Amino acid sequence: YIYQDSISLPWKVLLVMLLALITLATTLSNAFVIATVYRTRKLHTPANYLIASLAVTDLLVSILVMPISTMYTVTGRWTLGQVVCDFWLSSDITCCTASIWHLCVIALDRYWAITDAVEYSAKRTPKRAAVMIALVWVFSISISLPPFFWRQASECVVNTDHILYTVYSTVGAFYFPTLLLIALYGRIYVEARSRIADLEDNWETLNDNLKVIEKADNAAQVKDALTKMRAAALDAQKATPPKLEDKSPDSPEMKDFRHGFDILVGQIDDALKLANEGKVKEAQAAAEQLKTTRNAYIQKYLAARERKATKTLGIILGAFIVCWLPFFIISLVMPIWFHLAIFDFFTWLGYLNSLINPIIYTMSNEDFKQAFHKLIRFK
Ligand SMILES: CN1C[C@H](C(=O)N[C@]2(C)O[C@@]3(O)[C@@H]4CCCN4C(=O)[C@H](Cc4ccccc4)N3C2=O)C=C2c3cccc4[nH]cc(c34)C[C@H]21
């Protein structure tokens, strides 16, 4: 029985048009993300390479799996033969597993960057990124390779004979990566929370000590509030969590919040020199410059407190669960309920995640956002 045989001609052609536009929108949205990393020299960093390889996996899903699926989902019958069926099922398992595992490799990279910044800076290289990507693909192909027990060769479905592999495939491909992502997001969320809580205190110490220099009575009072201000600025500079946007070291970092403390420290040192010279009135007058420099970084400070990197990783985590949790839940309860339409809906729900992810990055990451605005000639 095929439930699709009951669907009318107008609803069938509309369903083909909806599915074909999702497939096309996934291909172009991921093609944009790949080209943007490739074309922009500023984006040639291991972190953006992981975005670019996630976009490559999602592009293969849109070329090897989704077009050839639209017809099978709407008609409900396989007409391409056994050989094409073998490659289609395996490219569905391999690319979707690669898609899921790219997400935790991006999270692993963000976790190490926010949790172990000094030790990781030396290890975060494009060679490291390649080795991790190869491992993801080798693990992806290894998941789809065992159901080749088809010693027998209208219907095209993956081998459901061995319950032990069926659950290993579901765990290795989904349940293990989600538990890793929850743990990874948890540590990242808590890291950023304490990093902005420290940034808030160092910012307040900077503001209050800046008030003291103005209302100072002694030279020793001026000199002390300056060294305290000096220490808080460099502490605020380390407290500020990493941005969502990743740029290569060889790129001008103007109006950057972390740079504001560098020029500010330079000014605090210039003022302490006059204080050590004996020109305290001049050292006090240097606070008028410090006041304006601080005033120019308030907007960049208030921006840091919003933790865009963890916020957007939360939206990706959220988008990943809401897209794949129904599929892998039904995938486990199916051997042990409603019709085959809910399986077709939940497969496409997982497919949709290949489109949601590149639109989340290009709306959130300002490098990808400005690249898009350039593409459609919008200012
Ligand atoms: C989205 N993609 C879809 C794809 C799939 O369901 N393909 C078929 C061809 O479509 C069905 O859903 C259809 C729809 C209506 C009736 N159907 C079935 O009765 C069986 C159910 C089934 C699900 C899982 C395992 C065995 C059988 N279907 C199929 O075999 C397998 C996936 C998968 C399975 C196992 C590990 C995995 N890692 C990544 C993935 C993946 C990607 C992931």
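Along the sequence shown, residues carry numbers from 1. Numbering of ligands and ligand atoms starts at 1, following listing order. Basis for what follows: all heavy atoms, side chains included, without hydrogens, waters or symmetry-related copies.
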Review point. What is the name, according to UniProt, of the chain making the most contacts with ligand 1?
Key: 5-hydroxytryptamine receptor 1B
Review point. What is the PDB name of the drug at ligand 1?
Key: ergotamine
Review point. What are the numbers, counted from the N terminus per UniProt, of the transmembrane segments of chain A with a heavy atom under 4.0 Å from ergotamine (ligand 1)?
Key: 3, 5, 6, 7
Point to revise | Residues binding ergotamine per UniProt in chain A, non-hydrogen atom under 4.0 Å from ergotamine (ligand 1) | key: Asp92, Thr97, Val158
Check your understanding: Within 4.0 Å of ergotamine (ligand 1), heavy atoms only, which residues of other chains turn up?
Key -> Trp88, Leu89, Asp92, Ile93, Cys96, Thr97, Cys156, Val157, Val158, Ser169, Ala173, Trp324, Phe327, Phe328, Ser331, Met334, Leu340, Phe343, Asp344, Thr347, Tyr351
